[PDB]
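Notes follow once the structure below has been shown.
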Amino acid sequence: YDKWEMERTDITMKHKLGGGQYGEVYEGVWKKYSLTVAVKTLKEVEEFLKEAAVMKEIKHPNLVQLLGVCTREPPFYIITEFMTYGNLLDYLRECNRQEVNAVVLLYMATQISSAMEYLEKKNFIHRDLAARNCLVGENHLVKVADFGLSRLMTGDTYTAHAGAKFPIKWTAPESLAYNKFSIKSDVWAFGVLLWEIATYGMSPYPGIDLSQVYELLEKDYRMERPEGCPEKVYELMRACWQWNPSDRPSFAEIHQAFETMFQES
Ligand SMILES: Cc1ccc(NC(=O)c2ccc(CN3CCN(C)CC3)cc2)cc1Nc1nccc(-c2cccnc2)n1
Ligand SMILES: O=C1NC(=O)[C@@H](c2cn(-c3ccccc3)nc2-c2ccc(F)cc2)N1
């Protein structure tokens, strides 16, 4: 047992988080610090433990933070911080837009690009970047997470493809075509995430059937600039959606771009 192991009794387990929305994830309390936490449990063990191992290597203010694990006897736990306002997609859809205004949106985008710049530097790939996988805390804190939603979400967000489950409208073309994932396919998804933010959580390619998406992209179709979107933000989206992965900017470049816009605003 390493430095991450914590005693089961350190955590008060409360109810399942969001009525199964997240699978076997529970809201808990880290008693000694009076902090609310999220606790993922295991009803497969290999994948579970591999996740914990990845998380031990990630430390950034805009990434969900591992706090501990319980691995001595079942059920095993992965414990992370809990974020006050929950997932970004629902947050955007339900917020007061005078309060969560343009400067807040720029701040959120900046934080997300910072997280991704970090994963980029560490040679990690996210593979499912989207507003549904981000969390919002007080004072507009935003953290990137990965909830493993493809196997929990009901509806058309994820649909079968290449014998797997893909969120087609967030998926880079090369990932769709040749099942190739890289930090540049995350950059593509980040562009879609910008559009989610810009529209306060609309579904992308609205009114366009999933069946048409890949062909449209292949023939150079791209979502148009959302109402109220600054040209500079839209330029970033278009750069993220370059057909060729090597033509897309790095997260380092994206973050620098947003840093500048945020401070200017
Ligand atoms: C309890 C838990 C356990 C594991 C994780 N895991 C991650 O969030 C995560 C993030 C990044 C990576 C990095 N990884 C690199 C490799 N690629 C392929 C995948 C991504 C992995 C896991 C989160 C949580 N936290 C969590 N889970 C579900 C819901 C909530 C939650 C809900 C509402 C409010 N606050 C929190 N919180
Ligand atoms: O009504 C709106 N339309 C939008 O696109 C959004 C918006 C407005 N500004 C803005 C910024 C500065 C001045 C005026 C407007 N910046 C954004 C934005 C969109 C996506 C993103 F990731 C981050 C920010 N608000």
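Chain A is numbered as in the PDB entry; shown residues: 251-293, 298-519, in order. Determined by X-ray crystallography, 1.9 Å, according to the entry header. We count ligands from 1, going down the list as the structure has it; atoms in each ligand are counted the same way. Computed over heavy atoms, backbone and side chain alike; hydrogens, waters and symmetry mates excluded.
The drug at ligand 1 is imatinib. Bound to imatinib with the most contacts here is the chain that UniProt lists as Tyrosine-protein kinase ABL1. Shown in contact with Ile332 at under 4.0 Å from a heavy atom are these atoms of imatinib, numbered in order with element: 1 (C), 3 (C). Source organism (PDB) for chain A: Homo sapiens.
Neither the backbone nor the side chain of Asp382 comes within 4.0 Å of imatinib, counting heavy atoms alone. Covalent bond for imatinib in this entry: none.
UniProt active site of chain A, nearest residue to imatinib and heavy-atom distance to 1 Å: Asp382, 6 Å.
Residue list (UniProt ATP-binding, chain A, heavy atom under 4.0 Å from imatinib): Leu267, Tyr272, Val275, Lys290, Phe336, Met337, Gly340. Remark: imatinib and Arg381 share no N or O pair separated by less than 3.5 Å (distance only, no angle test). By the 3.5 Å distance cut-off applied to N or O atoms, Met337 is counted among the residues near imatinib.
What sits closest to atom 17 (N) of imatinib on the protein, heavy atoms only, is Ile379 O, 2.8 Å. Annotation: atom 21 (C) of imatinib to nearest protein heavy atom, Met309 CG, 4.1 Å. If you check which protein heavy atom lies closest to atom 13 (C) of imatinib, you get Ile312 CD1, 3.7 Å. Of all the heavy atoms of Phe401, the ones lying under 4.0 Å from any atom of imatinib belong exclusively to the side chain. For atom 14 (N) of imatinib, the nearest protein heavy atom (residue, atom name, distance) is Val308 CG1, 4.0 Å. Checked by distance only, imatinib and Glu305 come closer than 3.5 Å through their nitrogen or oxygen atoms. Scanning all protein heavy atoms for the shortest distance to atom 8 (O) of imatinib gives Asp400 N, 2.9 Å.
Distance from atom 2 (C) of imatinib to its nearest protein heavy atom, with residue and atom name: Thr334 CG2, 3.5 Å.
When only interatomic distances are considered, the shortest N/O to N/O separation between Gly340 and imatinib does not fall below 3.5 Å. By UniProt annotation, the domain of chain A supplying most contacts to imatinib is Protein kinase. Of the protein's non-hydrogen atoms, the one nearest atom 37 (N) of imatinib is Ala288 CB, 3.5 Å. Nearest protein heavy-atom neighbour of atom 31 (C) of imatinib: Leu267 CD1, 3.9 Å.
Defined by non-hydrogen atoms within 4.0 Å, the binding site of imatinib is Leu267, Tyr272, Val275, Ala288, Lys290, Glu305, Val308, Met309, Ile312, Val318, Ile332, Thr334, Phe336, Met337, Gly340, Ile379, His380, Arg381, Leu389, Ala399, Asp400, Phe401.
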N/O contact list for imatinib, threshold under 3.5 Å:
| from | atom 1 | to | atom 2 | distance (Å) |
| --- | --- | --- | --- | --- |
| imatinib | 6 (N) | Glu305 | OE2 | 2.9 |
| imatinib | 8 (O) | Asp400 | N | 2.9 |
| imatinib | 17 (N) | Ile379 | O | 2.8 |
| imatinib | 17 (N) | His380 | O | 3.2 |
| imatinib | 25 (N) | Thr334 | OG1 | 3.0 |
| imatinib | 35 (N) | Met337 | N | 2.9 |

